[PDB]
Student: 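We have in hand a structure of Metallo-beta-lactamase type 2 carrying L-captopril.
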Amino acid sequence: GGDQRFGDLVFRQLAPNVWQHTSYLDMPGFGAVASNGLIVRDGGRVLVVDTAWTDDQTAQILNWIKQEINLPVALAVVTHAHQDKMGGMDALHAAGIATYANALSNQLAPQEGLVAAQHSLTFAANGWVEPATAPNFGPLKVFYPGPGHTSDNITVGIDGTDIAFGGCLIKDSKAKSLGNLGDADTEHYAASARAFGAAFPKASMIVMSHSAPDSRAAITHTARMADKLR
Ligand SMILES: C[C@H](CS)C(=O)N1CCC[C@H]1C(=O)O
Ligand SMILES: [Zn+2]
Ligand SMILES: [Zn+2]
């Protein structure tokens, strides 16, 4: 279709200023598993959502940005303390990029075998990021929907687009399962999925970690599967 290959990664333009990055990691019982994040150009800078699985892959994301956009990466926000989302933090840091995560992600990252972000986000009781903790986030709208896939999972909308990113909270409309639930909050998951949908009620393109972009039926379907856990 429109997928651009760059080394071992894939880049898909979703909107004029927005690309999805995709990287892969072998896992037993699963094969080579895709993880998606985002790249957003905001004026004269670039914003990244999530690393790739590894430092090397993350450096390749930066190389793609250099080749295709050739503007500084002002910051990255990473959406929970798992390897697919934070595996590449040292590559961002080597590159001089300021990093942000949920406070709880930074607290958990060491024991997860991950490097913490440099800056912690905290969230109002209504789930919206406290805006003073997310300086220079431009069009990124960061929302904590409650515990679900993990206790620390956060989501991101993009102002001026029809896109909302569910990270590993949301699976596609035909997904057979919710994946590994080892760190999940099975009581709260369905509500958290629905809270994501309600935070971004206008988004028609739902982007997520482990499926291609889908309609909002991804949210309804994920929530319906999560209903079965409680
Ligand atoms: C390591 C990642 C973190 S979200 C994971 O748990 N995955 C990646 C694909 C599905 C699921 C699994 O192993 O069940
Ligand atoms: Zn995860
Ligand atoms: Zn994941």
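Using the PDB entry numbers, chain A covers 41-270, in order. Atoms within each ligand, like the ligands themselves, are counted from 1 in listed order. Hydrogens, waters and symmetry mates play no part in the numbers below; they use all other heavy atoms, side chains included.
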Student: Point out each ligand or chain corresponding to L-captopril.
Tutor: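 Every copy is at ligand 1.
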Student: Could you tell me which residues UniProt lists as binding Zn(2+) in chain A have a heavy atom under 4.0 Å from L-captopril?
Tutor: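 Within heavy-atom range of L-captopril, the UniProt set gives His122, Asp124, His189, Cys208, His250.
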Student: Please list other ligands or ions under 4.0 Å from L-captopril.
Tutor: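 Result: ligand 2 (zinc ion), ligand 3 (zinc ion).
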Student: With a heavy-atom distance limit of 4.0 Å, tell me whether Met67 approaches L-captopril through its side chain, its backbone, both, or neither.
Tutor: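 The answer is the side chain of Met67.
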Student: Could you tell me the residue and atom name of the protein heavy atom closest to atom 3 (C) of L-captopril, and the distance to it rounded to 0.1 Å?
Tutor: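 Looking only at protein heavy atoms, the one closest to atom 3 (C) of L-captopril is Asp124 OD1, 3.2 Å.
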Student: Which part of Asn220 is near L-captopril, with near meaning a heavy atom under 4.0 Å away: side chain, backbone, both or neither?
Tutor: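 For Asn220, backbone and side-chain atoms both sit under 4.0 Å from L-captopril.
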Student: Can you tell me if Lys125 has a non-hydrogen atom under 4.0 Å from L-captopril?
Tutor: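 Checking L-captopril against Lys125, which is what was asked, there is no heavy-atom contact under 4.0 Å.
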Student: Nearest protein heavy atom to atom 9 (C) of L-captopril: under 4.0 Å?
Tutor: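 It does; a protein heavy atom is within 4.0 Å.
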Student: Filter the residues UniProt lists as binding substrate in chain A to those having a heavy atom under 4.0 Å from L-captopril.
Tutor: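 Among the UniProt binders, by heavy-atom distance, it comes to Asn220.
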Student: Just wondering, which residues come within 4.0 Å of L-captopril on a heavy-atom basis?
Tutor: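 The heavy-atom binding site is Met67, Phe70, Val73, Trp93, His122, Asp124, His189, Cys208, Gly219, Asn220, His250.
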